[PDB]
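The model below depicts Peroxisome proliferator-activated receptor delta holding GW501516.
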Amino acid sequence: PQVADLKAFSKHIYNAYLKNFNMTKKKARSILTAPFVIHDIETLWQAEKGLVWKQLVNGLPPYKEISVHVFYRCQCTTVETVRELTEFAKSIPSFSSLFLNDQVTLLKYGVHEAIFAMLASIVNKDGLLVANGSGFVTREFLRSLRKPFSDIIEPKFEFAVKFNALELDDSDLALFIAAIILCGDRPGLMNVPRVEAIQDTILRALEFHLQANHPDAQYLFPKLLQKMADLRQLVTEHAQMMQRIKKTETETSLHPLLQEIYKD
Ligand SMILES: Cc1cc(SCc2sc(-c3ccc(C(F)(F)F)cc3)nc2C)ccc1OCC(=O)O
Ligand SMILES: CCCCCCCO[C@@H]1O[C@H](CO)[C@@H](O)[C@H](O)[C@H]1O
Ligand SMILES: CCCCCCCO[C@@H]1O[C@H](CO)[C@@H](O)[C@H](O)[C@H]1O
């Protein structure tokens, strides 16, 4: 029953993944191998005028400085990805079967881990794609921002480069992300056994998918479990840096949805 049942299960989640995420790793890698390079104030200014963003510039807070503007651009991209992760989750029948409060709990504590995991898809050692792959913001430019804003993004690059060395494709990622969302460990969950059961099914689907898709990649599955653990620490460290900013930079605002996610 299992292997055939789980291949169908995997196929469905892969389809949900393709349906709800505009930028695939496949699409991203092709571009990363002709986007407009953002590497300083002038080119970002030109990008804001030239490129097509999902969130219009006039919708963002009034311009103060480059570091804070980038910080707001990060929030915009995050909120957009959270929107897609929500529809991705809702496109998974077992997820949508959960009570709505549990759905919210899983998304609340899950999306940032998933975002940092998916972030690698549009990242190389030199920078990351923005504006639907129309732009490419350099890693050095992001390093050049003033404290505390420069230190937030660099750890995500470090994780991504190691993560991309595993060479997962979109079919692997769909299951990997699904396993991050449907996680029985989240605080305040109502029906833990049910979520743990779904999570187990996804992980069994993944281990079989990896054997079929990556037959010669030894220890690939336990390595990915470790990355799931690593992502929890990355998010923990991220939340601390975000907290530092709210305290020290009282002038800067936080998007209301993100306020709710960080409410604790
Ligand atoms: C401050 C912060 C940094 C990250 S790191 C990963 C990144 S970096 C980036 C980016 C986009 C656009 C630009 C450009 F285009 F403005 F340069 C630069 C950077 N979007 C993402 C997703 C994630 C989340 C963050 O805050 C929101 C939150 O915690 O919910
Ligand atoms: C099934 C629809 C009706 C659900 C009604 C119960 C809602 O409970 C609330 O769920 C939230 C997590 O989503 C928690 O943050 C709140 O603390 C909790 O009180
Ligand atoms: C839209 C999907 C992602 C939403 C993530 C934001 C979750 O916020 C939480 O919503 C719960 C019910 O409103 C509240 O009980 C919690 O206190 C709050 O922290």
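One is the number of the first residue; the rest follow in order along the sequence. Counting convention: from 1, in listed order, for ligands and their atoms alike. Only this structure's heavy atoms are used, side chains among them; waters, hydrogens and symmetry mates stay out.
- The full list of places where GW501516 can be found here is ligand 1.
- Taking only nitrogen or oxygen atoms, main chain and side chain alike, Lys156 does not reach within less than 3.5 Å of GW501516.
- By heavy-atom distance, the residue among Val235, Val130, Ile153, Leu254 lying nearest atom 12 (C) of GW501516 is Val130.
- Under a 4.0 Å criterion applied to the non-hydrogen atoms of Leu258, GW501516 contributes the atoms 27 (C), 30 (O).
- Nearest protein heavy-atom neighbour of atom 11 (C) of GW501516: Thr77 OG1, 3.6 Å.
- Where the criterion is an N or O separation shorter than 3.5 Å, residue side chain and backbone included, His238 meets it with respect to GW501516.
- Counting heavy atoms under 4.0 Å from GW501516, residue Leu119 touches it through the side chain alone.
- Atoms of GW501516 found under 4.0 Å from any heavy atom of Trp53, numbered from 1 in the order shown, are 15 (F).
- The ligand atoms of GW501516 that sit less than 4.0 angstrom from a heavy atom of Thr78 are 22 (C), 24 (C), 27 (C), 30 (O).
- Considering only non-hydrogen atoms, atom 28 (C) of GW501516 lies nearest to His112 out of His112, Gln75, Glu80.
- Neither the backbone nor the side chain of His69 comes within 4.0 Å of GW501516, counting heavy atoms alone.
- Across chain A, the UniProt domain dominating contacts with GW501516 is NR LBD.
- Ranking protein heavy atoms by distance to atom 18 (C) of GW501516, first place goes to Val70 CG1, 3.7 Å.
- The proximity of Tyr262 to GW501516, defined as any non-hydrogen pair under 4.0 Å, is limited to the side chain.
- Nearest to atom 17 (F) of GW501516 among the protein's heavy atoms is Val137 CG2, 3.3 Å.
- Nearest-residue assignment for atom 9 (C) of GW501516 (options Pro148, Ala47, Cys74; heavy-atom criterion): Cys74.
- Neither the backbone nor the side chain of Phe136 comes within 4.0 Å of GW501516, counting heavy atoms alone.
- Source organism (PDB) for chain A: Homo sapiens.
- Neighbouring residues of GW501516 under 4.0 Å (non-hydrogen atoms) are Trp53, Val70, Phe71, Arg73, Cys74, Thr77, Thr78, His112, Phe116, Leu119, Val130, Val137, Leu142, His238, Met242, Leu258, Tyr262.
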Output, or 'none' if empty, a list of GW501516-protein atom pairs in which both atoms are N or O and the distance is under 3.5 Å, rounded to 0.1 Å.
unit_1, atom_1, unit_2, atom_2, d
GW501516, 29 (O), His112, NE2, 3.4
GW501516, 29 (O), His238, NE2, 2.7
GW501516, 29 (O), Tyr262, OH, 2.7
GW501516, 30 (O), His112, NE2, 2.7

